[PDB]
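Inspection log for the structure reproduced underneath, given as structure tokens.
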Amino acid sequence: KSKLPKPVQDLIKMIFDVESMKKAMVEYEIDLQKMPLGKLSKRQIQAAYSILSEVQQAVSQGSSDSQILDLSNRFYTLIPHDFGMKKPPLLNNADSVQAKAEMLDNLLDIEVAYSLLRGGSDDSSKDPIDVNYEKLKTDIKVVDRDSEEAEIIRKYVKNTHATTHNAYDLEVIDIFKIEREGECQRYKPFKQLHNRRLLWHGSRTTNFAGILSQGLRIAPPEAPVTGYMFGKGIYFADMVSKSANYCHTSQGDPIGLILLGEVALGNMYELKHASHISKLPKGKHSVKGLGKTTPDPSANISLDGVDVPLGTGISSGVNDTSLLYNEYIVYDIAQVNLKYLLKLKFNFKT
Ligand SMILES: O=C(c1cc(Cc2n[nH]c(=O)c3ccccc23)ccc1F)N1CCN(C(=O)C2CC2)CC1
């Protein structure tokens, strides 16, 4: 039996759950008989990303719906969808491109989780929880409830929950201090860079085995840049509820996982509307999506020399913007240093 803490053990079980991976694929209307978990490959997802990038071209250049039909069908050939003997819905718009790009982002993380679980070594004498924990190459420790860092994190959760996200309230079950192998060494060029903030990153439970082993990555070159609001980068939020929406929890699965990462933002490229950029303008290290609401800047605190915007939501004074809340995007994976992993219970009030 495993000597790991019970919350650490429950975390491993949750992220390496094969049925949850299958459930996530079903959600994206994938045909599991034509394409099960085992048949998924980095190559197939990449080829589908490229076919989606072709759909991105047809939509923008106002191509005929009879020319988009073959591009749409090609995507379904690479990624089989559950429609049986019926014709599948037409991928002829930017929304369909975005939705299928999000699916492929998840499939790429699900593939990493499954390859980890099916690769390596099988040993009956060792606890399967301990074996799977080692595969993540991440030091996971339980943060003591009565510690100052736990009080800071709980205040951050409590204060940055938005009114427009009141269909549920949030309960912090566990706070994990995480240390990805080699990540501190990778973050070294940006360790002293100004504007370093502790920000939120919400994702589906089925993506965390991929996130903890490989780190938060950027969508591949094959991915359609127009399917990403501020281009292919790593997205963060200063509001817990904005990130918590990306946990994709329901009444049937109310437990989610959220990250707290130290992001070296530096000189921010402040944007109000969609900008599908491949590269940042000279002298800029990040993009700040200007939201209508911002945490109180006077209420900012410093946890290990890192700014924690745990202030309650106040008006930013930003007019004519497509965002209700701020977002932060970095375009170099070395600019992120993951600090905490939170297990949350979503108490749906609907
Ligand atoms: O951060 C994002 C991302 C997230 C989102 C949604 C989102 N998800 N989670 C958040 O906490 C968040 C905060 C503010 C704004 C958006 C978000 C949209 C586009 C994105 F490129 N990534 C895209 C998916 N990722 C990948 O590694 C894909 C598999 C190759 C991780 C990085």
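All residue numbers refer to positions in the sequence shown, counting from 1. FYI, side chains are in, hydrogens and waters are out, and symmetry mates aren't considered; it's all heavy atoms of this structure. Per the header of the entry, the method used was X-ray crystallography, 2.2 Å. When a ligand or atom number is given, it counts from 1 through the structure's own listing order.
As PDB records put it, the drug at ligand 1 is olaparib. The chain forming the most contacts with olaparib in this entry appears in UniProt as Poly [ADP-ribose] polymerase 1, processed C-terminus.
Measured on heavy atoms with a 4.0 Å cut-off, the binding site of olaparib is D105, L108, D109, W200, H201, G202, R217, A219, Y228, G233, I234, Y235, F236, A237, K242, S243, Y246, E327.
The protein heavy-atom contact nearest to atom 29 (C) of olaparib is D105 O, 3.3 Å. If you number the atoms of olaparib from 1 as listed, the ones under 4.0 Å from a heavy atom of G202 come out as 8 (N), 9 (N), 10 (C), 11 (O). Residue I234 approaches olaparib through these ligand atoms, each under 4.0 Å from one of its heavy atoms: 1 (O). For olaparib, the main contacting UniProt domain of chain A is PARP catalytic. A heavy atom under 4.0 Å from olaparib is present in the following residues that UniProt lists as binding NAD(+) in chain A: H201, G202, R217, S243.
Summary of contacts: the protein heavy atom closest to atom 4 (C) of olaparib is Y235 CB, 3.7 Å.
Nearest protein neighbour of atom 31 (C) of olaparib, counting heavy atoms only, is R217 O, 3.4 Å.
Taxonomically, the PDB assigns the source of chain A to Homo sapiens. Nearest to olaparib among UniProt active-site residues of chain A (least heavy-atom distance, to 1 Å) is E327, 4 Å. In the vicinity of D109, heavy-atom distances shorter than 4.0 Å reach the olaparib atoms 29 (C). Of all atoms in olaparib, numbered sequentially from 1 with element shown, those under 4.0 Å from a heavy atom of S243 are 10 (C), 11 (O), 13 (C).
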